[PDB]
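Below, a PDB structure including vorinostat.
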Amino acid sequence: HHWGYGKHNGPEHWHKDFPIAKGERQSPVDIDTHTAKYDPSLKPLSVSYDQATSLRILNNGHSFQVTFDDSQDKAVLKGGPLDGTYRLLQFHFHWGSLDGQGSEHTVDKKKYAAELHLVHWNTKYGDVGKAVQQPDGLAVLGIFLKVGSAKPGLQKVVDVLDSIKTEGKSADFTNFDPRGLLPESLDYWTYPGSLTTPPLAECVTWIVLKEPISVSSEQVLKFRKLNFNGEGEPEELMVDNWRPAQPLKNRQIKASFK
Ligand SMILES: O=C(CCCCCCC(=O)Nc1ccccc1)NO
Ligand SMILES: [Zn+2]
């Protein structure tokens with residue numbers, strides 16, 4: 001029926017509605033660290049989040065997202081492999097039912113407990129809907145989460161999840177600073193790929209940071225209390241909302257570091 005992460009509607013079914021699922025630049029991928037090539041040409045990345053304006057937090061039935069005002073150049077990503085300016089629209093997470101799975105990208109086949117995606121769109125296309133129709137329309141910053149010490153900058157998110165438990169719920173989420181989600185190092189791998197949910201459009205320059213952030217067990221347990229269902233339907237925990245690694249095909253993953 002409609003897509004999701006279950007046995008009957010999960011990633012192995014998506015190609016019937018979205019044939020690009022078997023396309024030439026699908027995401028996520030396994031990052032083989034010994035095959036990625038250091039690219040001395042890659043320009044230094046620029047994450048400019050000081051004027052970011054968060055708006056709302058939303059359970060969309062597949063993840064939860066924090067949305068930003070992207071009607072002006074307030075929070076932008078530039079540099080790295082990117083040409084031009086990419087505006088932050090929203091961030092969301094993918095996570096597991098257990099700490100050994102949950103990420104979408106893997107590193108030498110290792111799965112992390114979760115993966116944060118900070119979604120940005122190329123301002124030369126004017127709006128996100130036009131950007132998703134372009135091969136360089138989006139830039140997604142991917143950040144792995146491992147379980148250990150708490151991430152203080154994540155706590156304001158986790159504390160409001162009770163208020164968006166089920167699909168369709170949203171809440172006001174102003175003055176949230178996404179800089180509190182970033183690791184120390186901006187070393188990264190990059191490759192051309194796609195959205196990891198339907199419609200799987202092949203419009204993303206992926207920038208995946210090498211350094212994970214640590215979150216606590218209590219923080220990730222609160223992610224796993226969300227529901228895929230809407231208020232009143234059989235309760236199905238929102239866990240394992242990740243797509244597995246797809247074939248690399250004719251792509252090379254580049255590293256910003258030696
Ligand atoms: O695919 C991903 C990462 C990138 C997600 C892109 C979502 C962009 C968004 O919020 N707006 C949008 C999406 C599709 C079509 C039009 C707008 N994770 O699953
Ligand atoms: Zn995502």
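Along the sequence shown, residues carry numbers from 1. First listed ligand is number 1; within each ligand, the first listed atom is number 1.
Lab note - all copies counted, vorinostat located at ligand 1. Lab note: most contacts to vorinostat come from the chain UniProt lists as Carbonic anhydrase 2. Between the choices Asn241, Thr67, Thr196, the shortest heavy-atom distance to atom 2 (C) of vorinostat belongs to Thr196.
With respect to covalent bonding, the partner of vorinostat is none, since no such bond is modeled. The closest UniProt active-site residue in chain A to vorinostat, going by heavy-atom distance rounded to 1 Å, is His62, 6 Å. Protein heavy atom nearest atom 16 (C) of vorinostat, with residue, atom name and distance: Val132 CG2, 4.1 Å.
Looking around vorinostat, I see these other ligands or ions under 4.0 Å away: ligand 2 (zinc ion).
Using a 4.0 angstrom heavy-atom cutoff, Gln65 does not count as in contact with vorinostat. At a 4.0 Å cut-off, not a single heavy atom of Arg243 sits close enough to vorinostat to count as contact. When hydrogens are left out, the protein atom nearest atom 5 (C) of vorinostat is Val119 CG2, 3.9 Å; that is the closest non-hydrogen contact.
For vorinostat, the main contacting UniProt domain of chain A is Alpha-carbonic anhydrase.
In this structure, the protein non-hydrogen atom closest to atom 10 (O) of vorinostat is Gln90 NE2, 3.0 Å. Nearest-heavy-atom check against atom 17 (C) of vorinostat across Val204, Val128, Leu200, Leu138 picks out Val128.
Only the side chain of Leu89 comes within 4.0 Å of vorinostat, counting heavy atoms alone; its backbone N, CA, C and O stay farther away. Heavy-atom distances show that, of the substrate-binding residues UniProt gives for chain A, the following lie under 4.0 Å from vorinostat: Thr196, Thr197. According to UniProt's Zn(2+)-binding annotation of chain A, the residues with a heavy atom under 4.0 Å from vorinostat are as follows: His92, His94, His117. Near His117, meaning under 4.0 Å from one of its heavy atoms, vorinostat places the atoms 3 (C), 18 (N). Residue contact check: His94 has heavy atoms under 4.0 Å from atoms 18 (N), 19 (O) of vorinostat.
At 4.0 Å, heavy atom to atom, the residues around vorinostat are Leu89, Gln90, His92, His94, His117, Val119, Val128, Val132, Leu138, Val140, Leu195, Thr196, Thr197.
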May I have every N or O pair linking vorinostat to the protein at under 3.5 Å, one per line with atom names and distance?
residue    : atom   : partner : partner atom : Å
vorinostat : 1 (O)  : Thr196  : N            : 2.6
vorinostat : 10 (O) : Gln90   : NE2          : 3.0
vorinostat : 18 (N) : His92   : NE2          : 3.4
vorinostat : 18 (N) : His94   : NE2          : 3.4
vorinostat : 18 (N) : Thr196  : OG1          : 2.9
vorinostat : 19 (O) : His94   : NE2          : 3.3
vorinostat : 19 (O) : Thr196  : OG1          : 2.4

